[PDB]
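Structure showing dexamethasone engaged by Ancestral Glucocorticoid Receptor2 ligand binding domain.
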Amino acid sequence: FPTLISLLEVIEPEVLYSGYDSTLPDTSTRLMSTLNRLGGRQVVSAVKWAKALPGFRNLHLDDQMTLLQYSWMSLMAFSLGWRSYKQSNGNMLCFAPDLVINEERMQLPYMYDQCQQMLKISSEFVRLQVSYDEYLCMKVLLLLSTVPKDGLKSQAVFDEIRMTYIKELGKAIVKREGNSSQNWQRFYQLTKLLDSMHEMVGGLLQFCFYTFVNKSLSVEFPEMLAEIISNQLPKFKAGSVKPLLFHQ
Amino acid sequence: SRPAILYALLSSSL
Ligand SMILES: C[C@@H]1C[C@H]2[C@@H]3CCC4=CC(=O)C=C[C@]4(C)[C@@]3(F)[C@@H](O)C[C@]2(C)[C@@]1(O)C(=O)CO
Ligand SMILES: C[As](C)(=O)[O-]
């Protein structure tokens, strides 16, 4: 019988390559389009990941659709943060091994602001010195951290899943340190981080909606993301979305 | 309406 943490490790998606062509010069439109094309594939990876996530398949199909639509950007941004922390200690954005945006590349028109946002996530990992197991658990929590304002078709199951993974984050913290009462200080810090993710991601979500809607910027989106964004867009304009916070 | 590919992936239904 395998532990839940070890399953989380085995099912974690492998880092994708972008297949960016470093031959041609960089432009804002091209870069953003490349990132979106990469995001499409990363999201498909995340869906396959969710389907293998212990617990997740028990939710109603419509709750599955809902949680993935509401949280895809969180998942992607969080992973980006992790990779950036791991490969460059938060100095560069490591989108893919073949696509790293450093200080210089950020100077492109439009890029600087959006990149500053994504780096915030990265430096959080740096500040708190997050561990792999902590990261894996927090990531699951993000999937389960945004619900519709009037709840889910199977709130029963949802609440149980959410509780299992909170417990799991617990074990992960303990495994780093032992059974001190600094353990609950850490739990606070990490739950504070999960909370601050709604604001940080909200920023990204805004840029995303903007570049999606405003055709004149000529940013392309793959069908996967386009379908999701266009469905998710009215729901966010109508503020019918509720974050689950750990704190006040 | 409802996002097609995401739906296809989650139901898996022929
Ligand atoms: C600032 C926003 C937030 C960006 C996303 C941040 C999270 C992410 C992680 C990746 O590893 C690759 C793609 C995505 C999923 C993303 F990088 C791109 O899709 C482009 C994106 C939406 C954005 O850059 C744009 O709206 C530009 O189109
Ligand atoms: C099957 As995979 C490692 O693209 O999630």
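First the proteins, then the strands, lettered A, B, ... as listed; each starts at 1. Recorded method is X-ray crystallography, 2.8 Å. First listed ligand is number 1; within each ligand, the first listed atom is number 1.
Counting all copies, dexamethasone can be found at ligand 1.
Other chains making heavy-atom contacts shorter than 4.0 Å with dexamethasone: A. The source field of the entry for chain A reads Homo sapiens. Less than 4.0 Å from dexamethasone sit no other ligands or ions. The binding site of dexamethasone, defined by non-hydrogen atoms within 4.0 Å, is formed by A:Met32, A:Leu35, A:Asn36, A:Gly39, A:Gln42, A:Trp72, A:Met73, A:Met76, A:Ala77, A:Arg83, A:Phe95, A:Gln114, A:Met118, A:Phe207, A:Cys208, A:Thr211, A:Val219.
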